[PDB]
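Caption: PDB structure containing S-econazole.
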Amino acid sequence: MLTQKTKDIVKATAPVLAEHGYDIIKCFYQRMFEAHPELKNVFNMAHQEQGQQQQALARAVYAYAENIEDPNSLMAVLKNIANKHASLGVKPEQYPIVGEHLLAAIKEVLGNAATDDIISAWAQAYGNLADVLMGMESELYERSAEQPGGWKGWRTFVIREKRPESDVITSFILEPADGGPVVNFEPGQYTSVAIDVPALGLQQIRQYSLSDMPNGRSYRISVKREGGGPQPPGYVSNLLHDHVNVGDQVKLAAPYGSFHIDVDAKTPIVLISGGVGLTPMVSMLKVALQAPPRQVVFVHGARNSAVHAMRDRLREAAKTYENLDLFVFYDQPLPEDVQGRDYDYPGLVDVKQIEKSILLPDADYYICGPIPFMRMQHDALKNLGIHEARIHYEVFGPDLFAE
Ligand SMILES: Cc1cc2nc3c(=O)[nH]c(=O)nc-3n(C[C@H](O)[C@H](O)[C@H](O)COP(=O)(O)OP(=O)(O)OC[C@H]3O[C@@H](n4cnc5c(N)ncnc54)[C@H](O)[C@@H]3O)c2cc1C
Ligand code: HEM
Ligand SMILES: Clc1ccc(CO[C@@H](Cn2ccnc2)c2ccc(Cl)cc2Cl)cc1
């Protein structure tokens, strides 16, 4: 537990760590993987190769230092991290490993600036946080294990169905190879696919939102091909698209995540998604639609019809259910796409254009999609006067972003 003096050093030195983030990250991974190559099966080996994490790291040390006197705010984001670590299968015995290399890295990068006081302070902060996280991750592991259909670590699943949803998004329906029940989850939650990457000669792990409702038998994920156009292709998403088929096997983690609807609630929901960001919205849609009433506004932005996933299914849903409003935005509509017919509005999702349809009293708003899309939606919702507490978001990447 941290003395006042220790927290003050953290507050005074976080900028130094954030400034040297690139070199630290680079040194940390060089050291850790030399000591423990096997850890390369748990981390992302694309990472580009570390840029996104430097951003994450810079934001994370600042926010930590900015909230070190407020344990409640700190507990909340720790929960999101525990959930992500639980999904990856992070183990208490790995905490001393990360710690040594992180500290050895920080020390080697700061060199002369790495005083005893400073190294002592971040080392205590590493330990304080390690403790909290391990306890949270353990409690999450036990809760999955004990529930009907639950498990710890990886369970083998077989692909039963593989269906294209658009040019770029394909669904996979998964049943356990053992043939038993699967655990319940909250709409909005994710699994993690663990699979061997031939090009890498390594296992890689990626999160995917569970895109259908709980049924007790199977899970659905819906995967966007992260393809070419100067940028290198994604590892796992291309692998699922081209090389995984009906009858092949993957490993899955139990459902985790802190982004979801309260199923027992009867208050309304506004579901705002961009592109593949729709995947957890569909699960929330399908659940909320049973039980009086409940009231769902499904607001989706896509490029056009070619890349619009689940297009015919949502359209049919909007004419079968009185409690569902559908609003579709097309950013660059194809010539065969016609407004007032195949989509509602052109351009980006803009909540002002449907303001009275979305501002249901004491609603909950849920946002998923690319970061600038989420800032944009968050901002717009906040200019209508919705309380920060009523806006919920999930990042398809590290972070900690639109915090
Ligand atoms: C909570 C959560 C939920 C998610 N839900 C979904 C979902 O429902 N559906 C879905 O499709 N995805 C979802 N994702 C995203 C998904 O987990 C993966 O990040 C995504 O599928 C890409 O993985 P990959 O292995 O294909 O790409 P990686 O190999 O991990 O590469 C990542 C990206 O960087 C690019 N890149 C790689 N190398 C470079 C380079 N050196 N220079 C520049 N760019 C580079 C790649 O093209 C790719 O777009 C979710 C993520 C999270 C965190
Ligand atoms: C105090 C110790 C730790 C802290 C504060 C910490 C914090 C974080 C944070 C902030 C993230 C990003 C969360 C997200 O993407 O939503 C993360 C991700 C991650 N952590 Fe930790 N973590 C710690 C320890 C560990 C340990 C011990 C392991 C064991 C291998 C580990 C493995 C990972 C992995 C694999 C990711 C995902 C990043 C990626 O995509 O590669 N972490 N952690
Ligand atoms: Cl200089 C420094 C100071 C504090 C941390 C704190 O956390 C580190 C270690 N780590 C990695 C995975 N899990 C934990 C980290 C977190 C998140 C991300 Cl996205 C990258 C990193 Cl490196 C890291 C470098």
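Per the PDB entry, chain A residues shown: 1-403, in order. Both ligands and their constituent atoms are indexed starting at 1 by order of listing. Looks like X-ray crystallography, 2.4 Å, at least that's what the header says.
Put simply, copies of S-econazole show up as ligand 3. Against S-econazole (ligand 3), the chain with more heavy-atom contacts than any other is given by UniProt as Flavohemoprotein. The residues lying within 4.0 Å of S-econazole (ligand 3), counted on heavy atoms, are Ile24, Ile25, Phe28, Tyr29, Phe43, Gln53, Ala56, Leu57, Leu102, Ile106. Distance check on atom 15 (C) of S-econazole (ligand 3): every protein heavy atom falls at or beyond the 4.0 Å cut-off. When each atom of S-econazole (ligand 3) is checked for a heavy atom of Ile106 under 4.0 Å away, the hits are 1 (Cl). Near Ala56, with a cut-off below 4.0 Å to any heavy atom, the atoms of S-econazole (ligand 3) are 19 (Cl). The largest share of chain A residues contacting S-econazole (ligand 3) lies in UniProt domain Globin.
Within 4.0 Å of S-econazole (ligand 3), counting heavy atoms, one finds no UniProt FAD-binding residue of chain A.
In this deposit, the organism assigned to chain A is Ralstonia eutropha. Numbered from 1 in the order shown, with element, the atoms of S-econazole (ligand 3) that lie under 4.0 Å from a heavy atom of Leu57 read 1 (Cl), 2 (C), 3 (C), 4 (C), 5 (C), 23 (C), 24 (C). Relative to S-econazole (ligand 3), the closest UniProt active-site residue in chain A and its heavy-atom distance to 1 Å are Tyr95, 7 Å. Proximity to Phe43 (heavy-atom distance under 4.0 Å) selects the following atoms of S-econazole (ligand 3): 12 (C). Within a 4.0 Å radius of atom 3 (C) of S-econazole (ligand 3), the protein has at least one heavy atom. The atoms of S-econazole (ligand 3) that sit less than 4.0 Å from any heavy atom of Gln53 are 20 (C). Looking only at protein heavy atoms, the nearest one to atom 13 (N) of S-econazole (ligand 3) is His85 NE2, 4.2 Å. In this structure, the protein non-hydrogen atom closest to atom 1 (Cl) of S-econazole (ligand 3) is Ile24 CG2, 2.8 Å. For atom 8 (C) of S-econazole (ligand 3), the nearest non-hydrogen atom of the protein is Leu102 CD2, 4.0 Å.
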